[PDB]
Asker: 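Below: experimental structure, bosentan bound to Endothelin receptor type B.
By convention here, the first residue in the shown sequence is residue 1. So how was this one determined? The header says X-ray crystallography, 3.6 Å. Atoms within a ligand are numbered from 1 in the order they appear, just like the ligands themselves. As a basis for the values below, the full set of heavy atoms in this structure was taken, side chains included, without hydrogen atoms, waters or symmetry mates.
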Amino acid sequence: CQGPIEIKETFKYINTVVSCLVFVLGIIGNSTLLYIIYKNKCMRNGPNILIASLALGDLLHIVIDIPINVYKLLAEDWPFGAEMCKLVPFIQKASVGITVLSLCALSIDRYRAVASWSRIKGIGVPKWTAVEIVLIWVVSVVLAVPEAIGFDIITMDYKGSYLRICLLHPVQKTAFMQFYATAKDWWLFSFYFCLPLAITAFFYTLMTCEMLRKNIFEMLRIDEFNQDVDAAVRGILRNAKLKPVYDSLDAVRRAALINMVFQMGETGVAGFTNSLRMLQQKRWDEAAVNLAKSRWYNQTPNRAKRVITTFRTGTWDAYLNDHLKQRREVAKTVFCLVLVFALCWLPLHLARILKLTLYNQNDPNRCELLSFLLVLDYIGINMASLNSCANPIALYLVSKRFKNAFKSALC
Ligand SMILES: COc1ccccc1Oc1c(NS(=O)(=O)c2ccc(C(C)(C)C)cc2)nc(-c2ncccn2)nc1OCCO
C-alpha cells in the first residue's frame, strides 16, 4: 500500500526533537559525570573509573549518532564520502560496545571487591581498572570492524531525481562477511543485548545474595560462626512451628527471625505463637507493639528494639553502619544502570528479531503488520539514543554518593 509513508514523514518530527534533546542532555550529563569522576580522587582510583569510561562511550555515541546520522534523515543523499560510511557504523557499534562492556566490568569488579576494605575474590592484579578499560575499548573496536569492512556505498536512481545512498553491502567478497551479513540482527541482539545483560545480571545477583549473607553475619556480630548461622537455618526448617512462618518471610525479616533464634533457641522462639501468626499474616505494626509487650524486651531492651524495628520496617535502618550503607550504595548504582540499558535496547532489539522471524511480502495484511513493525522500531531507536543521555541522570536519582558529588560541583 501507500500508508506507512505518512508514518515515516510524521516521525521525522519526533526524531529531530528527540535527537536534539538527547544531544543537549547527553553532552551535558556525560561531561558533568566525566568531570566528577576525575575531580574526585577516590573514584579515580575506585572502580567508578569504569563509569567514567561508560560516560565516554555514551558521550562518543552522542557525537557520532546525533551529528552524522540525523544529518542523513534530513539530507536524502549521503554526503560525507566513502571513508565516512565505513567509519560511522564502526564508531557507533564500537561505542555501544563500550557502554555494555563498561557495565559488565563494573559489576564484575564490584563482585571481585565490594569496597576498599574488601578482599579481592580471585587473581588479584594491581591497577586492574586501567587494564580493564584498555580491554573494553579494544573488544568494542573489534566487534565493530565487521561493520566498517563491509560498509560501502551504492548509487540508485530514484523515481524523482537520482540519489546515492549507503548501507551494508549484500554482495560480499569474503565468506567471513557473507556469514555476518545475514546473522547480524542476531549478532547485534545475541551479543550487545544478551551477553552484556546476562553477564551483568548474573554477577549482580551473586553479589547481592552475598551482601545479604554478610549483613546477617554483621547484625549477629552487632547484637552479641558462619556454620552457626547456617545450622540455625537448617534447624529452623526442622522445627515445625518455625518453618511455615520462616518460609513466608523475606530475607530481611528472615534475618531478624534468625537473630531471635540465636538468643532463646528454637524452643524459645516457638512460644510466640501469637506473634508468629501475626508475622505470617503480615500484620507488622501489630506484632511490633505485641513483641514490645514481651519479657524478652525487658531482659534486653536495646537489642530487641532493633529486631522489632527490623520486623516492622523490613530494612536495616536499626542496623545501619559503614558496610550496610556501602553495600546498599553499590547495589543500587549497578542495578539502576543495567535497568536503564535493558529498557532502552529491548524495544529496538525486539523490533529486529520480530522483523526477521515473521515477515513475508506475499500477504496483504502487511500494511497493518508493517505499520506496527516500523513504528515500534523507530521508538527503539529513540530508546537507544535516550540510554546514551539518561545514564548520568540515573546516577543522581538512585546514588546518594553521586547526588552529593554533583552537589559539590554545584556549590
Ligand atoms: C548496538 O547495535 C545495534 C543493535 C541492534 C539494533 C541497532 C543497533 O545499532 C543501531 C543501528 N545499527 S545498523 O542497523 O546496523 C545501521 C548502522 C548504520 C547505518 C547508517 C545510518 C547507514 C550509517 C544504518 C544502520 N542502526 C541504527 C539506526 N539509526 C538510524 C537509522 C537506522 N538505523 N540505530 C542503532 O542504535 C543506535 C540508536 O541511535
Asker: Got a sec? Need all the ligands or chains for bosentan.
Answerer: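 Including duplicates, the model places it at ligand 1.
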Asker: Which of the transmembrane segments that UniProt lists for chain A, numbered from the N terminus, come under 4.0 Å from bosentan (ligand 1) by at least one heavy atom?
Answerer: 2, 3, 4, 5, 6, 7
